[PDB]
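RNA-directed RNA polymerase nsp12 in complex with cytarabine triphosphate.
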Amino acid sequence: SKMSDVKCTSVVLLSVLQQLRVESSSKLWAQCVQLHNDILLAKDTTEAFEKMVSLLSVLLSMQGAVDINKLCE
Amino acid sequence: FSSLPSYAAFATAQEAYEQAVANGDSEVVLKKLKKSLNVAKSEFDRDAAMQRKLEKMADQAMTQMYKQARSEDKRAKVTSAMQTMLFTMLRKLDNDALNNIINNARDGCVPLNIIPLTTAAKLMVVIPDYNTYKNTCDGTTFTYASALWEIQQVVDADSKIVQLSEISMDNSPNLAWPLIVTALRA
Amino acid sequence: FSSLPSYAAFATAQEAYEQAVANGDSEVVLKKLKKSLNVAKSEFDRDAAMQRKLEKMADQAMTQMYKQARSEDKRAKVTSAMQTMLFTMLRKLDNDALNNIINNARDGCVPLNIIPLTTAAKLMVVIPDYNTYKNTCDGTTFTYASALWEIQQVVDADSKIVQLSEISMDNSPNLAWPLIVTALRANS
Amino acid sequence: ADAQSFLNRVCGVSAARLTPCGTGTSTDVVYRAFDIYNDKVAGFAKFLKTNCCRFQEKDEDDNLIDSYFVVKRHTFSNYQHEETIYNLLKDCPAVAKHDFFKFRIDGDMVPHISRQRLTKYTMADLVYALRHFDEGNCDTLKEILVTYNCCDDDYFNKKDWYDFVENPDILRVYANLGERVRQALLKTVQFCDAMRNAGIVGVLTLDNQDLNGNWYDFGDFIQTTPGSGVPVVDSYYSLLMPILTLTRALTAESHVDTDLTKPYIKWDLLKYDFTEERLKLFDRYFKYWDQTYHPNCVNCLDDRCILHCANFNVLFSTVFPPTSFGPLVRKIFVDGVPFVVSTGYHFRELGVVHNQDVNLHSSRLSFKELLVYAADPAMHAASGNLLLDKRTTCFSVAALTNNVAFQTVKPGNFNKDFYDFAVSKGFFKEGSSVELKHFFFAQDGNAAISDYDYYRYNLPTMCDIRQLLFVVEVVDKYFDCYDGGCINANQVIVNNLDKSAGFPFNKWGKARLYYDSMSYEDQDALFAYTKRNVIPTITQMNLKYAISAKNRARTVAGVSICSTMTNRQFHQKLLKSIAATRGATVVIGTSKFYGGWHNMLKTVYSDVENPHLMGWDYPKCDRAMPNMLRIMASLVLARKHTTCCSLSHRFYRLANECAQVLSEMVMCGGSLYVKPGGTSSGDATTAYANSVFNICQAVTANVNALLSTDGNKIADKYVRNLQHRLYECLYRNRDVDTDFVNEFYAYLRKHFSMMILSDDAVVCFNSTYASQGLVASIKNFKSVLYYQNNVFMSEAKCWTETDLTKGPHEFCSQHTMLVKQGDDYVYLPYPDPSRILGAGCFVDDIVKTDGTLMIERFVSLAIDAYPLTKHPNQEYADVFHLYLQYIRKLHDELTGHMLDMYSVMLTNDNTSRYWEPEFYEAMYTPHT
RNA sequence: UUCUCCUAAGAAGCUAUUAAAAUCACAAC
RNA sequence: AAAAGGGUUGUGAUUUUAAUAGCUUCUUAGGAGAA
Ligand SMILES: Nc1ccn([C@@H]2O[C@H](COP(=O)(O)OP(=O)(O)OP(=O)(O)O)[C@@H](O)[C@@H]2O)c(=O)n1
Ligand SMILES: Nc1ccn([C@@H]2O[C@H](COP(=O)(O)OP(=O)(O)OP(=O)(O)O)[C@@H](O)[C@@H]2O)c(=O)n1
Ligand SMILES: [Mg+2]
Ligand SMILES: [Mg+2]
Ligand SMILES: [Mg+2]
Ligand SMILES: [Zn+2]
Ligand SMILES: [Zn+2]
C-alpha cells in the first residue's frame, strides 16, 4: 500500500515542519503547503515520491533543527 | 452489592419463613416471620443503595483522573513523538531517493535549497570531507537524490573559487573544508 | 440531627420500648407501647424530611443570589471597557479637518466612506507584484485620492523592513510579497 | 422576366441595389421568436413564419451588408388600414419607411406592403437568445455578436467562452451591445410620443422593432380622438428588463454629455441623495410605464411595491458613484464632548433612509446606547487609517491597525494506530474500491483575502418584474401553512452561549456575557429600537479548520451580537414552526434515523404519474445570489408578521436586515471592506432563506417552460387554457388572481413534486409532460440560472434517475439503497466510505489520537457505518466490522491501562453492548 | 369492652419508566 | 505560543431533577367475625 503510506507521510512531514516554526518564513511556508497539497491530490506514485523528495529536502536543509543521526537510529 | 451486613438476617429470615410454610405451621408465626423478613429486606436494600452510590462515585473519580493524567501525558511529548513517527514511516517507505538523501544528510552532506524537480534547475550542496566527495562526485558529474547533475562551481570557507582539478587526496589538506557545490539537473 | 426535640421524645419512647422488651412484658402492653413509639417515629421522620426540604430550598436561593451578584460584576466590567474604548477613539481622530468637512456639508450628514478619504493623515498600500508597484508607487512621492503623499519605510510579508533601493525588477524574486507601503499626507 | 420586374418595382425610387434572396416571387421561410396573445394562443415562443418575401442590399463594392427589404402579401382591407395608420405616423423618425404597390402575380392584381433597411434580426430575437440560452440558440447569438462587432469569429473557439465564471471576459463582449440597446430605448419613447399625438391605441411587442430601433406592423392599431391615444408597454419593458442590466446600457449615462467619448462626470464628493436624478432617468427611459415609482422605498405601500421600486432602483444605482452608497454619519455631543455616530443608510436597492430617534445632545450613555455606539462602524472607520488594497477589486474603506494580518491553516493530525489496524485488516491495497479521498488541506497566508475576492462574482441584476411578482405569490402558497410572529425576550431559546459575539464584542467575552448582562427589559427595548432606526454592524471573516474533499479554502462569517439577538427575536417563532412540521416541501428538521428517510422518500413520490427523479446544483451559490431574490425571501418571511407589525415597522426591519446581512462592512485581516451582496453565513435565518430562493428558482423554471411551448401543438385543451391564463395573469393583469394562483399551485404539486433543504433539492416529475414541454427540466434550469444568477450550470453536475426502486443519486451527501427488513422493504441512506475512513484516520486535535478516550467518538462513526453492511459490495461491508473490532480492541486496552495504573478493575460494563451489532440496528428500525 | 380479617387516608424507604437542564462527542446544508 | 474560532437541524453517552408507576413499612377510621 505504497501510495496511502506516501500521503500519510506527507501529512506527518508537514505537521513536523509546521511545529518547527517554518511559518515565520512566508515564502518557504507557501512552497511547503503547495508541495503538501499536490502530494495529497496526486494519483500516480512516482510524482508523489518526487514531490516528497523536495518536501523532505526542506526539512533536511534546516541544520541543527533535528538530530538526524539520533532520530534515525 | 453482596455480603452486606444486613444480608445474613434477610437470608435467614427468608429461609425460616420458607421452612415454616413448608411445615404448614401456625399462621400467626408465619406472618411474624414474614414481617421480620420484610423489615430485614428493607434495611438490606437501603444499605445496598448506599453501597451503589459509593461505587458510582469511586468509578467516576478513577475515570476522571485517568483521563486528565493521560491527556497531560499525550499533550506534553508531542514534538518527539511526531519526529520519531516521521522517521519510522520514512524508513518503512523504502525508497532509494529518500534513503540516499537521508543517508547523505546523516553524513553531513545537506542541501542548501529545495531540491528542484525540473531539468537544468539549480541545486546547492555542502561537502564536509574528501571521502564524501569521493563517494558522491565523479569528474564533472554529481549523483544526488537518485538523479544525475552537472557541477557548476566549487567554493571554499573563505569564499575562494576552487577549480575541480585541485580536489585530490594528496592536495586535500590545503582546502578549508567544508566545500560548497552548485549543480544543474541533467 | 439528635438535637431535635421530636427526636428527644422519640428517644424517650425508644427507651421505654427497649426496657419493656428487656423485662419481657406482655404482648398487649408491647402493642400499645409500639403504637406510641411509632407515633413518635412518624413525628421525627416528618420533621426531618421537612428540614431536608427547607435546607435544599435555602441552598437554591443562595446559589441564585450568588449568580446574580456575579452577573452584576460582569456588567460593570463590560460597561467600563466600552466607555474606555469609545473615549480613546474620540481622542484619536483629527477634529479640525472633520469639523471643516462636516460644516461644509449641506445637511450636516456625510457618507461614512468619504471620511477616511478626506481626513485621514496616514495611508497604507498593499502590493502583490512588481508591476503593480511600478504603476502605483514608483518614487518617494505619489498621488492618490486627489492628494499628494510622501513615503515612510516599507515592510514585507514577514514584517521585516525593505529598503526602497531593493525593490527592482531583477531583485523581485527574492522579496517576500506582498509589500506594505505606508505614507503621510503632504501639506499644500 | 416577371421576377426581374418584381425586383425592379421593389427597388422603387431608392438607390438600393437589391439581391433576390429566396426564389423569385415566392414567400421566404424563416424561424423567428414572437410575443403573441390571441383568442386561442398566448406565448413567447419560436415559430415558423412563412409570410413575406425578402431581398438583400449590397454595398457599392457589391458585397453584402446588414440591410434588408421585406415585402408582405396580405388582404386588401389590411392594406388600406395599414396605409391609413402609416400615413398618420409618417412624421416620426422612429418609423421605418413604407411603400405600397399592386402587382400582377396570378395574372390578377395583388397588393404588397414593403419596408426598407431592416436588420436581419429583431429585438425579440436578441431577448429570446439571451433568456433561453442553449447551443442551438448559441448559433444565433454568435451571429448577432459577430454582425455588430462585439467580437471576431475566432473568439468562439475558446473553451467555455460563455461561462461567466471561467471566462469573465464575456462580460466585456456583451457590453458592446449595450449602447445599441440604449438607442432602442430612446426610439421607443419617441415612437410613443408620436402615437399619443396622432391619437392611436395599440400594444407594443418586441418582435415589431428591428435592431436599429425602427418600428413597423401598424395593422393591430385603431384610431382615437387626437391627443388621447395610449401605448400598452408592459410585456415589452418587462421582457427587455434583464437584458438592460446584462448589457449595461445606462453606462452611457455616466459621461458628461452622455457621449461615450466625453470624460466622466465628477460629482460633489459630499452628495448622498440622488432623488431628482433617479426621477430624471425614469422619466427619460420609462416615460409610459404606467405604475407609480417611488425613488425611496420608505414611501412604498406594500411589499409588492417595494419589490417594484427596488427593481427599478437597482438598475438606476449603477450610474452613481460607489462612495455614496454607505451609512450616513453625524456629529453629536455627550457631556460636552463630541461623538460621531450613524444616522441613516443609502441603499442601492432601498434608497435613502433616515433614523427617527436621534439625540443631538445627551447627558449620559446607558448600556443599550453603549452597545449601539460600539456596534456601528462609524467610529472605527473614522478613527482608522486609509487603505488601498490591490489584492482585491472590491472597495476598501479603512485599516484599523498599522499592521495587516496573514492567517494560515495548519494540517491535520495523524491517527497512526487506527491506520495500522486497518492495514492489518487488509484495507488500502492497490486496486481496492475504497481509498482515502478526504484530507485536512493546509493554506498559506493569502487564503482569507482570496476567498473574500471570490465575492467579485456578484453582479447587479434587474429581474423581470411581472414574472417575479407572480412567482412570489406562488412561493407564498408553498409557505402559507406555518405560523409566526414576534415574541418577548424571555421566550427566546439559544443553543450555545459559548460562541463568539462578533466584532468588537469578542474582545471582552462570548455571547454568554452579553446575555447575562442585559435584563429582558433591555433586550426588548433594543428590539423595539430596531423597529424605528437602522443599526449598521460589522461582520468578521473566519477560516474553517475541517476535513474536505477539495483543497480550496472555506470561510464563514460571524455576525455581531445585536443583529443576532434582534434577528432571533424576530424570526425564531416562524423558524421553529418550520422545523416542527412534517411532510412539507421544506424538509428541514427531519431526521434520517428511525425510519425518517423512508418516510421522506415516500412523501416525495406521492401521486405523480410516469415519474422520473432529478436533482441539480447551484454553482457559487452564496456568492452569486442576486440581491433581489434575497430581498424577496426576506419579504416572504416577513409576510407572516402582518398580524402584529404595521408597515413602517416591517420596512425598518427590512432596512436593518439589509444593512446588517446584505451589504454590511466586512472585517478581514484588520481591514474593513464593503460586501457587494449575496448571502452571509451567520444570518440566523440563512438556511430557510436559501430554501425560499430555491423554491422561487424552481417555480420560475416551470413558468418559462410552460410559456415557451408552441400553444398550437399542445393536445390537452386544459393545458392550453392554463397557458393562456398564465400569460394573462403575468403580463396583462394588475391585481393578484388568487383562484389562478391556487390552480397553478395544484398543477405544480400534482405534476412536479419537490423536496428542499437549503441549496440541495430533489424533484419527482412527470416524464411525458417534461418531454412534451409542459413542465421544467434541466435545460430550463440551465437557462434560468444563466440569465437570472449570471452563472452557467455545468450539466455534468446534475443527475436524473429513471428507476424509483434505486432512489435519488444524492441527497445531503447520502446514497440510497433498498433493503428488506422483516417482510417489508425500506430505503436506507449510506455515506461515502472514504469520508468515514478519513474521519477515523485524521483528527483536528492531538488528544483525539489516543483511542481509549475516543471510544465514545468511534461509536458514533459506527452508526453511519451500519447501512454499509447492506451494500452488495464486500469492501463496503468490511468497514463496519472494522470499526466494531477496533472498538473491542480499544476497550481491552483501556481495561489493561486502568488495571496497571490504579490496580483496581472497573465495575460497570455497559460498553459490552457497543461492539455487538444489534444496538446499531436499532438506529434505523421504525419501531419507536 | 377485647382479639382477628379486610377496605380507606397520611408519612417514610427501595425500584421501573417518561419528561425537562448541564457536560463531552458525532453527522448534514 | 500569541490570535481567532458563524447560523440551523439531527444523533449518542454521562450526571442531576421532576412526575407518574410498582412494592415495603406503620399510624388512623369504618365494616365483618369471635368471646
Ligand atoms: N428585421 C426583420 C427582418 C425580417 N422580418 C420579417 O418580417 C416579417 C414580419 O411580419 P409583419 O407583417 O411585420 O408581422 P406579422 O407577422 O403580421 O405579426 P405577428 O402576428 O405579431 O407575428 C416576418 O416574416 C419576419 O419577422 C422582420 O420582421 N424584421
Ligand atoms: N460550515 C458551513 C459549510 C457549508 N455551509 C453552506 O454550504 C453551502 C456551500 O456551498 P456549496 O454549494 O457546497 O459550494 P459552492 O461554494 O457553491 O461551490 P461550487 O459548487 O464548486 O460552485 C452554502 O450554502 C453554505 O456555505 C454553511 O452554511 N456552513
Ligand atoms: Mg409583429
Ligand atoms: Mg451549491
Ligand atoms: Mg444535490
Ligand atoms: Zn414604491
Ligand atoms: Zn411582528
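The chains referred to below are lettered A, B, ... by the order of the sequence lines, with proteins before strands, and numbering in each begins at 1. We count ligands from 1, going down the list as the structure has it; atoms in each ligand are counted the same way.
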Check your understanding: Which chain letters or ligand numbers go with cytarabine triphosphate?
Key -> ligands 1 and 2
Practice item. Give, by letter, every other chain that has a heavy atom closer than 4.0 Å to cytarabine triphosphate (ligand 1). Key: D
Review point. What ions or other ligands lie within less than 4.0 Å of cytarabine triphosphate (ligand 1)?
Key: ligand 3 (magnesium ion)
Check your understanding: From the PDB file, what's the organism behind chain D?
Key -> Severe acute respiratory syndrome coronavirus 2
Check your understanding: Which UniProt-defined domain of chain D has the greatest number of residues in contact with cytarabine triphosphate (ligand 1)?
Key -> NiRAN
Point to revise | UniProt Mn(2+) site of chain D, residues within 4.0 Å of cytarabine triphosphate (ligand 1) by heavy atom | key: D/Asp217
Check your understanding: Heavy atoms under 4.0 Å from cytarabine triphosphate (ligand 1): which residues of other chains qualify?
Key -> D/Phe34, D/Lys49, D/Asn51, D/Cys52, D/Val70, D/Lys72, D/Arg115, D/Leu118, D/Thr119, D/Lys120, D/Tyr121, D/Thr122, D/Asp207, D/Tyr216, D/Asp217
